[PDB]
> 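Model contains (S)-suprofen. Questions to follow.
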Amino acid sequence: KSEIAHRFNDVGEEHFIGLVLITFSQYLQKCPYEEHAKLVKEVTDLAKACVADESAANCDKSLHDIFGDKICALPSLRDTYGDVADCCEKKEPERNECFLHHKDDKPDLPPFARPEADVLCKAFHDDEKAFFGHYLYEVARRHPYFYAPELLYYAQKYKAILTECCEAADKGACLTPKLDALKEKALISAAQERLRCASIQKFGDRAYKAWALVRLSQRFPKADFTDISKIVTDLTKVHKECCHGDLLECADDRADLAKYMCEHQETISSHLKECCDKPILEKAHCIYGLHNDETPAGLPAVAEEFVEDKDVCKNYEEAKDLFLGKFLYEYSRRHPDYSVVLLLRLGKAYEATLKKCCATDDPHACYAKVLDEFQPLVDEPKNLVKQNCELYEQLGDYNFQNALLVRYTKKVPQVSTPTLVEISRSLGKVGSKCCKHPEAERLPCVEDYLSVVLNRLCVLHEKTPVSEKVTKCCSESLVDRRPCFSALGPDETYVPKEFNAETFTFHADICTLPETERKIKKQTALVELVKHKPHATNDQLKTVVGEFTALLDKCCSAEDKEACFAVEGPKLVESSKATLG
Ligand SMILES: C[C@H](C(=O)O)c1ccc(C(=O)c2cccs2)cc1
């Protein structure tokens with residue numbers, strides 16, 4: 001019978017350890033590494049016991065519960081992690097819910113800092129196993145929903161970079177570009193998974209199902225509806241699980257799904273060839289991001305099945321999900337150029353037209369132009385991508401982030417500074433990722449990445465709500481979030497923040513920051529300016545940041561750093577007020 005044995009045997013020891021360290025780092029984000037390693041040994045030992053006897057030890061119990069019992073075993077928790085000991089005194093299947101609800105999307109943690117190359121390679125040389133325990137633990141605690149088996153994949157890429165670079169001439173010059181690139185992939189991965197989890201948990205299984213139906217219909221245009229559907233069903237269970245902290249099950253299930261798709265690759269995509277050769281993680285990663293197969297030629301016009309067919313209303317009425325799944329499949333596989341959110345928006349339009357029209361005396365006369373009515377929904381996002389790409393190319397990264405920071409702060413000034421600056425910085429990454437593709441490739445690139453970034457604002461804001469406008473964009477339809485945020489003008493009801501000296505007065509710590517961190521400091525300041533003076537002009541703002549820049553250059557090459565900051569700090573505070581009013 002025993003679950004931990006089945007799972008142990010299934011994913012094998014190596015992945016088993018990692019998934020259990022991930023599980024523990026996800027539930028208990030503030031515990032020291034050394035504490036988590038012990039919980040993992042104690043759990044590994046148990047599975048190698050349930051390897052012997054199916055009835056030998058606690059092997060009868062659900063995984064939810066083996067994790068349950070291990071946390072509360074050390075009451076050391078009640079103190080630094082005594083908020084969720086409220087959960088330890090409760091029971092299943094109600095307890096494990098308490099645990100999951102306290103996952104902190106923004107734990108109070110210093111940044112994961114990366115050591116000098118010499119030092120990082122030394123740590124990896126001395127103890128490799130400890131090294132990647134540390135890594136899984138530092139990423140998973142900071143991103144409590146990261147897609148667990150993709151995390152394993154990234155650990156493995158990370159080790160391949162240290163192997164290549166640690167013996168090198170200049171270790172730094174070899175590591176830095178490669179780590180920085182790996183880090184960016186992992187952030188995007190974390191943001192995509194957080195979106196799946198939020199769709200599932202906040203808007204229901206169906207909302208991710210539809211999303212995954214569209215995306216897989218674009219990716220695998222030749223595969224038939226019943227196959228896509230089967231893939232959509234299994235991938236739903238996969239992410240429902242991972243999103244719920246059932247990582248052993250998720251990893252195992254995701255493996256069967258990779259296997260099933262390779263074993264049936266003939267009738268899915270020719271591009272599956274690239275993936276099916278590969279060892280497990282590499283294979284499932286490859287699948288998970290495969291570029292779109294080409295559209296089969298000779299498909300009938302979509303109007304035949306969805307406008308002229310005499311059973312349109314009977315289909316919609318008698319089997320709604322089946323019929324509208326088909327609409328999504330058919331429409332999406334033929335539109336790799338559209339974003340997922342757009343396609344879902346067309347689904348919603350089509351459905352609302354049917355609902356309304358099929359309840360009239362003459363449904364056909366009412367819905368005949370439904371596909372033609374998609375045009376203005378297609379044009380809004382295409383226009384926006386184009387205007388914003390020209391702005392990106394015109395201003396460059398930093399000034400584009402600046403313009404979005406100003407626009408967003410005026411939009412939702414109640415939002416906290418670190419969130420506004422994070423969210424603006426992500427918005428400017430989209431310019432860089434996407435505006436170099438030709439016109440046709442741009443929309444799915446931009447709009448799908450916007451989803452991920454808006455979701456990130458929505459999860460942060462859910463924790464501590466402060467803006468009615470965010471809450472509204474974030475909780476109405478998932479698929480309208482981008483248009484919803486787009487349509488917000490400046491919030492003219494916000495009462496400007498008091499002028500606040502220490503949010504504007506600077507100290508010598510700051511001189512140690514690399515230029516990239518100084519940018520964030522300039523950008524944090526700009527946000528506080530816009531909060532203080534929401535009608536400030538772009539020239540006003542450029543002049544205050546300009547002064548900030550001069551203060552920094554000046555006091556950062558002083559021998560007496562604290563005392564130049566004292567002479568100049570308050571002289572900035574005084575020139576800011578003057579420029580601003
Ligand atoms: C949702 C938000 C907004 O306008 O408030 C938004 C909308 C569109 C874009 C946009 O089109 C681009 C960003 C980067 C390159 S193009 C950026 C941000």
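Throughout, residue positions are numbered sequentially from 1 according to the sequence presented. In each ligand, atom 1 is the first atom listed, and ligand 1 is the first ligand listed.
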> For (S)-suprofen (ligand 1) in this structure, which bound macromolecule has the most atom pairs within 4.5 Å, going by the PDB entry?
Serum albumin
> Does at least one non-hydrogen atom of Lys411 fall below 4.0 angstrom from an atom of (S)-suprofen (ligand 1)?
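Flag set, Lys411 near (S)-suprofen (ligand 1).
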> To check your reading of the model: name the closest protein heavy atom to atom 2 (C) of (S)-suprofen (ligand 1), its residue, and the distance in Å.
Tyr408 OH, 3.3 Å
> Give yes if a backbone or side-chain nitrogen or oxygen of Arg482 is under 3.5 Å from a nitrogen or oxygen of (S)-suprofen (ligand 1), and no if not.
no
> Is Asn388 close to (S)-suprofen (ligand 1), meaning an N/O of one under 3.5 Å from an N/O of the other?
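Yes, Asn388 has an N/O under 3.5 Å of an N/O on (S)-suprofen (ligand 1).
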> Judged by non-hydrogen atoms, does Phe485 sit under 4.0 Å from (S)-suprofen (ligand 1)?
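Checking (S)-suprofen (ligand 1) against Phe485, which is what was asked, there is a heavy-atom contact under 4.0 Å.
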> Counting each atom of (S)-suprofen (ligand 1) from 1 as listed, which ones have a heavy atom of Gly431 under 4.0 Å away?
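Answer for (S)-suprofen (ligand 1): 14 (C), 15 (C).
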> Hey, which atoms in (S)-suprofen (ligand 1) end up nearer than 4.0 Å to a heavy atom of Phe400?
14 (C)
> Quick one: does (S)-suprofen (ligand 1) sit under 4.0 Å from the side chain of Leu450, the backbone, both or neither, non-hydrogen atoms only?
side chain
> Suppose I only count heavy atoms of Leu427 and a 4.0 Å limit; which atoms of (S)-suprofen (ligand 1) are within that range?
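Per the distance check, 13 (C), 14 (C).
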> Binding site of (S)-suprofen (ligand 1): which residues fall under 4.0 Å, heavy atoms only?
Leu384, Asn388, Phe400, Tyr408, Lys411, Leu427, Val430, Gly431, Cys435, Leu450, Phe485, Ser486
